[PDB]
**Student:** 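Have a look at the structure that comes next, please.
The chain is numbered in sequence order, starting from 1. Whatever order the structure lists them in is the order used to number ligands and atoms, beginning at 1. When reading the values below, keep in mind they use all heavy atoms of this one structure, side chains included, and skip hydrogens, waters and symmetry mates.
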Amino acid sequence: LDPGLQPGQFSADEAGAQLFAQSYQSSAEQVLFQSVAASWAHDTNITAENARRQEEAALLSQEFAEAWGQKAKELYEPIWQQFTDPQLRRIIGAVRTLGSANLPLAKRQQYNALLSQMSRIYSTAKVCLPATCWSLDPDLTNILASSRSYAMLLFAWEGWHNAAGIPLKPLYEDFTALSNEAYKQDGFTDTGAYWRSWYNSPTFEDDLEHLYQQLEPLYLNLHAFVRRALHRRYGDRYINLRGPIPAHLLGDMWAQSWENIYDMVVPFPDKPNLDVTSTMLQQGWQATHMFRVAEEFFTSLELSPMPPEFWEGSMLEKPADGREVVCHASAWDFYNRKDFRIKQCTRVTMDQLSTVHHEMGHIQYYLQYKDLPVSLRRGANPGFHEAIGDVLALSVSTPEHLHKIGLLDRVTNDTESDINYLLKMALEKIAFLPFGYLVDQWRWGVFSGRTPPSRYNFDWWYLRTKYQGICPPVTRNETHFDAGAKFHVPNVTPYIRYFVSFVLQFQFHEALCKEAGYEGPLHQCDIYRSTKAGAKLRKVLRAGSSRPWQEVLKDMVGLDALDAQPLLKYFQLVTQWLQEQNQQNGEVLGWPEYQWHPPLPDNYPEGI
Ligand SMILES: *[C@@H]1O[C@H](CO[C@@H]2O[C@@H](C)[C@@H](O)[C@@H](O)[C@@H]2O)[C@@H](O[C@@H]2O[C@H](CO)[C@@H](O)[C@H](O)[C@H]2NC(C)=O)[C@H](O)[C@H]1NC(C)=O
Ligand SMILES: *[C@@H]1O[C@H](CO)[C@@H](O[C@@H]2O[C@H](CO)[C@@H](O)[C@H](O)[C@H]2NC(C)=O)[C@H](O)[C@H]1NC(C)=O
Ligand SMILES: O=C(N[C@H]1CCS[C@H]2CCC[C@@H](C(=O)O)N2C1=O)[C@@H](S)Cc1ccccc1
Ligand SMILES: *[C@@H]1O[C@H](CO[C@@H]2O[C@@H](C)[C@@H](O)[C@@H](O)[C@@H]2O)[C@@H](O)[C@H](O)[C@H]1NC(C)=O
Ligand SMILES: [Cl-]
Ligand SMILES: [Zn+2]
């Protein structure tokens with residue numbers, strides 16, 4: 001480690017620790033930037049060499065965290081928890097958490113390299129036929145979204161899960177062991193316990209379970225209503241009205257949101273098509289237009305536009321030069337207060353417009369807290385970060401707003417168009433809730449040892465059936481590693497943040513709509529051009545992680561905890577309607593035939 005990055009001598013008291021923190025975060029900006037820069041070069045251009053360079057940067061980051069962590073324990077380990085400055089206590093507590101810098105050098109290299117190889121496998125895996133080959137994005141994504149051929153959907157689902165998951169499993173086992181070894185030396189029972197510590201809530205898991213209990217009836221009724229529609233399309237042979245739904249039939253490779261089968265379950269197909277994708281294509285929208293439209297929503301709230309460095313440096317379309325890239329959408333802070341970027345293989349669809357807003361919400365956060373010391377350049381918690389752009393997307397998706405931006409002819413404020421809209425939104429938001437909850441239940445069990453390699457897939461499908469009420473459409477065994485076929489697992493991105501975000505965003509929406517002076521139904525609110533709403537949001541974003549998220553949340557919504565009531569209030573009308581439809585059709589809520597799996601299509605896979 002270069003001498004200019006190594007820690008100096010400071011007095012072992014709070015005054016000295018304030019200077020210590022200043023010195024730490026001036027040198028951390030330089031180290032963070034070289035790490036982020038090298039990850040960018042790899043993720044937009046996957047090669048062996050860019051992997052080598054990203055690993056050299058990670059090693060340097062670990063030398064740096066080691067030097068400053070040790071010094072902080074040396075100087076302040078007995079005293080810092082009694083510092084009177086609460087922001088300083090946060091910074092010091094973070095610095096003395098070394099994570100993978102606790103590993104000896106050779107295990108640092110093995111850990112850094114497992115990450116590179118798992119990333120490569122996920123983002124370069126292909127599904128080949130009997131002879132070109134399909135990538136996840138756009139090819140398999142488009143098939144899962146738009147094909148209504150059971151056998152084609154099956155070939156894509158099985159092909160993807162086999163191609164990504166199987167080769168990842170031995171690597172994922174090795175990564176898990178090294179991660180745990182590292183964080184045990186910070187005092188955590190396992191890596192999962194460290195991830196959970198970010199929410200600074202002793203009742204976190206209980207609080208999440210309580211939340212899910214209030215939401216599950218909504219999901220169960222949505223599930224039964226959709227299962228009935230799939231039964232009509234595919235037949236009693238492939239759909240069991242009292243069993244789990246085959247996992248390839250819900251419009252999405254992971255069955256995690258169902259908006260792509262809206263056209264199949266829309267009760268009132270005579271009414272205007274609330275999926276404006278066709279109009280977007282008709283009108284010639286491109287990725288740049290989508291990002292500019294999102295930007296203008298932010299500036300309408302008097303938040304910040306995207307800076308020149310964003311437009312010059314971001315990757316907004318999949319490269320056509322054949323380069324391999326990580327296509328999964330992501331947002332990047334280079335910790336130099338100047339460079340901020342999105343990397344997204346943008347497609348022209350309505351759901352991609354929502355994802356553009358999701359990613360730009362991250363950038364806005366970065367811009368609002370870029371002048372905090374680096375340790376506070378974080379969401380109040382990770383769920384806050386994932387929620388920001390989704391909140392704006394809630395306003396954008398209203399038929400009123402879509403009409404304002406030229407994507408929909410005005411609809412009638414009647415009950416039936418209301419039901420169409422809330423149902424489309426339920427397919428996007430309610431259907432996700434079980435998946436957002438279960439992914440880290442699986443991963444926490446892996447980190448804790450409750451789920452050894454011998455049960456990776458057994459416990460994954462236990463949770464997928466328990467929570468989502470789906471089943472694999474072909475037999476699986478422990479050679480398969482179906483959790484590995486979901487980006488965040490090999491790319492080691494925690495997931496409970498998305499469950500938190502999907503609850504939180506309705507708490508935020510309700511607060512911002514009240515602040516805008518809106519007084520109609522919550523699900524028709526559009527906060528566009530509300531400078532009052534923008535001001536309330538700006539307060540959150542500029543706080544970073546300098547204050548406890550419970551306090552930041554109370555300032556914003558009036559309450560110091562996650563709360564399902566705003567989401568329930570948003571969906572109330574369709575919650576009731578779905579309950580009624582299910583009763584009239586005599587549905588069974590849930591999936592009591594929990595063992596059921598569909599048969600294979602005749603002659604599969606030969607007829608394609
Ligand atoms: C749309 O109409 C609502 C009124 O609800 C209607 O009632 C049903 C019987 C059926 O007609 C639904 O399709 C309708 O939505 C308006 O909401 C009211 O706004 C006032 C304003 O002061 C407010 O005080 C009331 O509480 C609101 N009532 C309800 C039931 O929420 C709403 O503003 C209209 N919005 C648009 C965009 O047309
Ligand atoms: C993708 O990354 C590779 C490095 O792995 C880049 O290849 C280098 O390209 C520069 C061009 O300025 C040459 O000077 C080097 O000799 C190349 N090195 C190797 C090993 O090929 C490549 O340019 C990158 N591609 C893009 C589109 O940025
Ligand atoms: O979050 C992300 N990207 C989005 C894009 C699609 S929308 C969104 C909401 C639903 C849940 C989740 C889903 O798709 O699985 N999700 C995403 O992953 C990125 S910022 C996460 C990331 C962080 C660091 C490095 C790399 C990636
Ligand atoms: C695991 O599964 C592998 C492939 O799946 C198999 O093929 C389908 C068509 C069905 O026959 C299904 O029952 C099978 O699982 C097998 O190659 C492998 O032997 C299976 N067992 C193990 C231990 O890997
Ligand atoms: Cl998280
Ligand atoms: Zn995100």
**Student:** At ligand 3, which of lidorestat, chenodeoxycholic acid, omapatrilat, veralipride do we find?
**Tutor:** omapatrilat
**Student:** Determine the main partner chain of omapatrilat (ligand 3) by heavy-atom contacts and give the name the PDB entry assigns.
**Tutor:** Angiotensin-converting enzyme
**Student:** Give the residue and atom name of whichever protein heavy atom lies nearest to atom 16 (N) of omapatrilat (ligand 3), and the separation in Å to one decimal.
**Tutor:** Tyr498 CE2, 3.9 Å
**Student:** Hey, does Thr493 come in under 3.5 Å of omapatrilat (ligand 3), counting only N/O atoms on both sides?
**Tutor:** no
**Student:** Under a 4.0 angstrom heavy-atom cut-off, which atoms of omapatrilat (ligand 3) come close to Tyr495?
**Tutor:** 11 (C), 12 (C), 13 (C), 15 (O)
**Student:** Could you list the atoms of omapatrilat (ligand 3) found under 4.0 angstrom from a heavy atom of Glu386?
**Tutor:** 1 (O)
**Student:** Of all UniProt domains in chain A, which one holds the largest number of residues in contact with omapatrilat (ligand 3)?
**Tutor:** Peptidase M2 1
**Student:** One pair per line, please: each N/O atom of omapatrilat (ligand 3) matched with every protein N/O atom under 3.5 Å away, atom names first, then the distance to 0.1 Å.
**Tutor:**
{"from": "omapatrilat (ligand 3)", "atom 1": "1 (O)", "to": "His358", "atom 2": "NE2", "distance (Å)": "3.3"}
{"from": "omapatrilat (ligand 3)", "atom 1": "1 (O)", "to": "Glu386", "atom 2": "OE1", "distance (Å)": "3.3"}
{"from": "omapatrilat (ligand 3)", "atom 1": "1 (O)", "to": "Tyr498", "atom 2": "OH", "distance (Å)": "2.7"}
{"from": "omapatrilat (ligand 3)", "atom 1": "3 (N)", "to": "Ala329", "atom 2": "O", "distance (Å)": "2.9"}
{"from": "omapatrilat (ligand 3)", "atom 1": "3 (N)", "to": "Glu359", "atom 2": "OE2", "distance (Å)": "3.1"}
{"from": "omapatrilat (ligand 3)", "atom 1": "14 (O)", "to": "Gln256", "atom 2": "NE2", "distance (Å)": "3.3"}
{"from": "omapatrilat (ligand 3)", "atom 1": "15 (O)", "to": "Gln256", "atom 2": "NE2", "distance (Å)": "3.2"}
{"from": "omapatrilat (ligand 3)", "atom 1": "15 (O)", "to": "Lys486", "atom 2": "NZ", "distance (Å)": "2.7"}
{"from": "omapatrilat (ligand 3)", "atom 1": "15 (O)", "to": "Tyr495", "atom 2": "OH", "distance (Å)": "2.7"}
{"from": "omapatrilat (ligand 3)", "atom 1": "18 (O)", "to": "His328", "atom 2": "NE2", "distance (Å)": "2.8"}
{"from": "omapatrilat (ligand 3)", "atom 1": "18 (O)", "to": "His488", "atom 2": "NE2", "distance (Å)": "3.1"}

